[PDB]
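Single-structure report; data block below.
Chain naming here is simple, since letters A, B, ... match the order of the sequence lines and numbering starts at 1 in each. Atoms considered below: every heavy atom in the structure, side chains included; atoms not considered: hydrogens, waters and symmetry mates. All ligand and atom numbering here is 1-based and tracks the order in the structure.
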There are 4 protein chains.
Amino acid sequence: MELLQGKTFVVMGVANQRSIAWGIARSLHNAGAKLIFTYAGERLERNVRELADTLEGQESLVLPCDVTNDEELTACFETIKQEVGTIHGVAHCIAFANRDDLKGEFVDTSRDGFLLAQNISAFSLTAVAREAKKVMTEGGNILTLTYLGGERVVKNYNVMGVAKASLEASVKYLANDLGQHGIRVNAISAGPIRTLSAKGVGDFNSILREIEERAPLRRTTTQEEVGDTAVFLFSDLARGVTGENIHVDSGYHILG
Amino acid sequence: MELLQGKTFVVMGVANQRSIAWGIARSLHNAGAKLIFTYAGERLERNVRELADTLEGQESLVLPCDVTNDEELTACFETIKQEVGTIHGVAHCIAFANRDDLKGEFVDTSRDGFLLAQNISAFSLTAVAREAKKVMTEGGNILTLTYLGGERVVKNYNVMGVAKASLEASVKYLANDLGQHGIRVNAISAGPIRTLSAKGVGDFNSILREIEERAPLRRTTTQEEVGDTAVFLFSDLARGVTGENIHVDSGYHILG
Amino acid sequence: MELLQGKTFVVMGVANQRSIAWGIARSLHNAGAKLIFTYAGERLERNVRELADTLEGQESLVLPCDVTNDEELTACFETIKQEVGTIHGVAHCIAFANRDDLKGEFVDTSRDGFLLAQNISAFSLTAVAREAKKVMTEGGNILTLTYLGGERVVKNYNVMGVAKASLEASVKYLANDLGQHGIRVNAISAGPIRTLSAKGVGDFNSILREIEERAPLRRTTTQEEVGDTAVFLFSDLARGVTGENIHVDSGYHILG
Amino acid sequence: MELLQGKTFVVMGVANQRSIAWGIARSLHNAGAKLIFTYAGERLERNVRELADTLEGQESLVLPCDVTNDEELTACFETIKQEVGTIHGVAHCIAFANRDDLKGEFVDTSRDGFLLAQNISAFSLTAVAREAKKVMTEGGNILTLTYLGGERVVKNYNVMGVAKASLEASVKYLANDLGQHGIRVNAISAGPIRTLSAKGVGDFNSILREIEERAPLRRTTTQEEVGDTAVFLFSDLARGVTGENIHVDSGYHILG
Ligand SMILES: NC(=O)c1ccc[n+]([C@@H]2O[C@H](COP(=O)([O-])OP(=O)(O)OC[C@H]3O[C@@H](n4cnc5c(N)ncnc54)[C@H](O)[C@@H]3O)[C@@H](O)[C@H]2O)c1
Ligand SMILES: NC(=O)c1ccc[n+]([C@@H]2O[C@H](COP(=O)([O-])OP(=O)(O)OC[C@H]3O[C@@H](n4cnc5c(N)ncnc54)[C@H](O)[C@@H]3O)[C@@H](O)[C@H]2O)c1
Ligand SMILES: NC(=O)c1ccc[n+]([C@@H]2O[C@H](COP(=O)([O-])OP(=O)(O)OC[C@H]3O[C@@H](n4cnc5c(N)ncnc54)[C@H](O)[C@@H]3O)[C@@H](O)[C@H]2O)c1
Ligand SMILES: NC(=O)c1ccc[n+]([C@@H]2O[C@H](COP(=O)([O-])OP(=O)(O)OC[C@H]3O[C@@H](n4cnc5c(N)ncnc54)[C@H](O)[C@@H]3O)[C@@H](O)[C@H]2O)c1
Ligand SMILES: Oc1cc(Cl)ccc1Oc1ccc(Cl)cc1Cl
Ligand SMILES: Oc1cc(Cl)ccc1Oc1ccc(Cl)cc1Cl
Ligand SMILES: Oc1cc(Cl)ccc1Oc1ccc(Cl)cc1Cl
Ligand SMILES: Oc1cc(Cl)ccc1Oc1ccc(Cl)cc1Cl
């Protein structure tokens, strides 16, 4: 409501209306924050601008940011500095892997396919954290989105699971680095949600019914449940929480 | 100020101003919640009553509830059902072990001691949950406090460590049971905090100092940081969070 | 092979020819070990003495030992000390919980059933390790059997899951106490196996069918696979392994 | 003495007498296995050939295999195929990261340093498995060596910790892919041992003294304890174990 009043956050990864990052943006805005959006490339610019503009308030800054490109990533955060000077956090909702690796056997993943997944889905957290460390002059929280596949084997998640494991270990090492700089680093492990990228995981419809049937809360997750947990982590209420991975998956993670 | 407005919660475990339960009480109260307190035996009625009255708004119910007593436990929740219509959660901050067993080697723990710690520090959660369920129509969240010692070996924690491990598994199984009924069950794993029961844990000062020197946030936690994470878990913001264990310990849990 | 020549181990838990403890006995025997068997009640002395005799040229010591009875427990190892003097390990394969509690919801577990399960399935490892220590003057290993349900929520496991969590934490703390005396403590988390006690777990056939179809090895575990892993753990090949939990479940534990 | 008789294993990562892979080689040899060795580059050809010759009996195949190079990888395994035909396993003991990244803040790791560690220390396992799979027509085990730094934050391990988390997740996805082909994939999480590349880790003597004082067994690990646990994983005694990470660290991993 006013939980994030006066704070400005950088949300990375909105692609369209179903993006979990969009769910995060709406929750942060409703909690009173100001936002900055970064999108992967020119193709997405229109979607993010129009989405950003549905939010009441000042025209939000929308900037291209291919996290695979160091010069653009660095220039993006320099622009952010010149524009607002200080931000209070970054929501990192980025991941990618060649579609053909998310099927069949993980053992057939090509080297380039594996490094690509690692580069975009795990390293980008660290590269982003490094630039955000510069503008988060008042400390704050850095968030990332992970998935159960990084902790245990999920069918067809393959190289993405290995990349998330690496992302989750990154959260821990970054939390270890940044805490003394007043910066908390956390992850949200969301349960399956229908998004543009969900199309790369096989038989999604049946995965969702499995969640509805077996998850403790008997229902699938929503972008809003994730965004609201994100509000907590970016807010002062989470002051003592860092290097933590919170599962917003209707409790599915406890099932053996 | 309004996050918990219109909600009523039971805070079990207040012994004095330093109790973690009290920090939770204050946080819930500052978030607009109505509180009902439960104390162990008569010796603690005066203390709790006093602290409760120090809050404002309508006076708070203060009921005796010794978790080793099934009758007094069922009576307490009977009173609550009659006095208040519904509650939206319970904050379980109860634990006990004989100081004798918290010294030296765990292999020397008596069957009596081991069963006593299990009964009070772990089973109580379930006992409380079965009663809470009766007055928790509309749903809500059940919270309990645990410690790292239930996940790994912490010097001197011994039998309490094994108790917390049960508590922690109990959280998972209860979450699995109660989710269909709209009830979430989560735990907060707090870092060392200076409390009455902190005397059983030998050489606390060295403990607080190692945390300040090695924890990512370079500070020990407080009853308020825990209180604030509880506000989150009892709120609708934590809608899809259940069967989780959130470490409010300055990030110490990630260290190896 | 001949890994255990001249070593003597106590196998507690044989009840059946299908008992996992018996699978361990046979493997220990084939690796050249001398065994001492203990059985719950007179009701089982017949089967154990009978099975124990089927081993080639052997002393075949078989003593009674109800782990809930401190007198018997103490007399059993006193007898062992008098007749053998020094043993090199103990296989703790004991567990129990009222069948009622293995049904329906965990929240309805009664206080006595919960403590019954903890006393028999978890504390006994400690009570046994305490006596065993007196007779393991050359170091050695203490093994116990746990199951996945102690780490994550497995349906129809309820109170056993929580007793197993205490058991697994007990392993860690005992390992921590005993390592300095040259004594290692480890667990084997076995996958579902048709034993007498497995009849207490609902719809076992489908449980086995699921392991067969989804476990990495596409087959269910056998008492022999567990036995052979016990051989490694009691042998010197595992002298650097303590406080560990080895899943002998065709890799099922890794599945998310 | 003949646990691995008739079996042939490929050991990757011998650099010198103090390498953990050399400890594994002696252990596998003592148990009767035949060995094929691979070295990183010309520089090590000598050292490895000399150590191999020491394993009297049969002139062991010693081949170059830079895991960074696709052709060498293919060349090495096609040679084993044409030369030996069938192997029963591979011991993967390879890791690398720039020294500068193993100090200071992990957040400062460069994209290249990060992808380099991932490539050599994590992907290499998969590339090796893809090739080994072609010559393990009879099944068998693939082993890798990880470290606590991949599960939890270990000071200065930084990027290697993230690489190891990635390696550990890979062990699981590979176990899940190769199990149906009769191939098990496992890891040994070795405790700190004085090796050639251990010089890259912070004050090693104080690290070792810490383990000697805190570790359950009150002693540091050796290449032999690792080698003996490797013997088990490659033997038929471990046929039911896959996707597992056995800690051969004197029990240190259990400490909180
Ligand atoms: N949808 C789910 O069920 C689910 C569950 C758990 C975790 N996640 C994670 O949440 C995040 C967001 O995923 P989503 O499900 O909303 O899908 P999405 O397709 O909406 O978002 C993925 C985002 O990554 C961006 N991206 C890819 N390469 C990029 C690059 N090189 N530079 C900058 N951005 C790049 C895409 O533009 C997109 O905005 C991902 O990390 C994903 O793994 C999703
Ligand atoms: N203080 C810390 O450092 C710390 C850290 C992590 C977790 N915890 C946990 O938080 C909870 C609260 O502990 P605390 O540190 O505030 O100590 P505390 O001594 O203030 O509170 C413990 C409470 O348990 C109550 N209790 C004991 N036996 C009871 C019984 N039979 N019936 C009902 N209530 C009973 C006591 O009255 C007391 O109010 C405990 O579970 C504890 O293990 C504490
Ligand atoms: N069968 C499986 O699928 C499976 C899987 C994982 C773990 N386990 C564990 O392995 C152990 C052996 O179980 P099992 O499956 O061979 O079944 P089982 O029924 O053959 O053996 C259980 C043993 O516990 C003994 N026991 C019960 N109460 C006792 C008491 N008061 N004092 C002494 N002994 C007592 C019984 O006599 C019996 O010998 C148990 O801890 C069990 O939880 C079994
Ligand atoms: N020494 C320890 O305390 C310890 C603890 C836990 C895990 N480990 C792991 O054990 C493995 C062996 O390490 P070690 O301690 O024996 O050190 P080491 O220096 O003897 O071995 C490291 C090996 O990696 C090889 N290597 C590097 N780049 C390579 C490449 N491109 N292609 C092929 N091989 C390459 C090196 O030649 C060397 O043989 C590593 O994975 C290491 O992380 C070591
Ligand atoms: O991580 C995810 C988990 C689930 Cl269940 C669904 C979608 C996910 O997100 C992705 C999956 C594959 C690729 Cl290539 C990119 C992204 Cl963002
Ligand atoms: O769990 C705790 C953890 C820490 Cl570090 C300090 C105090 C704790 O709380 C207790 C410790 C011992 C007993 Cl007998 C009862 C309680 Cl409530
Ligand atoms: O732990 C077990 C796990 C599985 Cl899958 C099957 C049997 C098991 O063993 C038991 C189950 C229930 C009770 Cl009451 C006692 C025992 Cl020994
Ligand atoms: O993983 C390790 C863990 C420890 Cl305690 C000691 C040495 C280790 O091994 C390495 C460390 C750094 C680099 Cl660059 C390469 C290797 Cl093989």
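Most heavy-atom contacts to ligand 5 in this structure come from the chain listed in the PDB entry as Enoyl-(Acyl-carrier-protein) reductase.
The drug name recorded for ligand 5 is triclosan. By chain letter, the other chains having a heavy atom closer than 4.0 Å to triclosan (ligand 5) are A. Within 4.0 Å of triclosan (ligand 5) on heavy-atom distance sit the residues A:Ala95, A:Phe96, A:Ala97, A:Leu102, A:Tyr147, A:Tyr157, A:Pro192, A:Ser197, A:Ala198, A:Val201, A:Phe204.
Taking atom 10 (C) of triclosan (ligand 5) as the reference point, the nearest protein heavy-atom neighbour is A:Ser197 CB, 3.6 Å.
For atom 7 (C) of triclosan (ligand 5), the closest non-hydrogen atom on the protein side is A:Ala198 CA, 3.8 Å. Entry annotation: the source organism of chain A is Bacillus anthracis.
Protein heavy atom closest to atom 3 (C) of triclosan (ligand 5), with residue, atom name and distance, is A:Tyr157 CE1, 3.6 Å. Nearest protein heavy-atom neighbour of atom 12 (C) of triclosan (ligand 5): A:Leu102 CD1, 3.6 Å. Within triclosan (ligand 5), the atoms closer than 4.0 Å to a non-hydrogen atom of A:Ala97 are 14 (Cl), numbered from 1 in the order shown. Looking from atom 4 (C) of triclosan (ligand 5) to the surrounding protein, the closest heavy atom is A:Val201 CG2, 4.2 Å.
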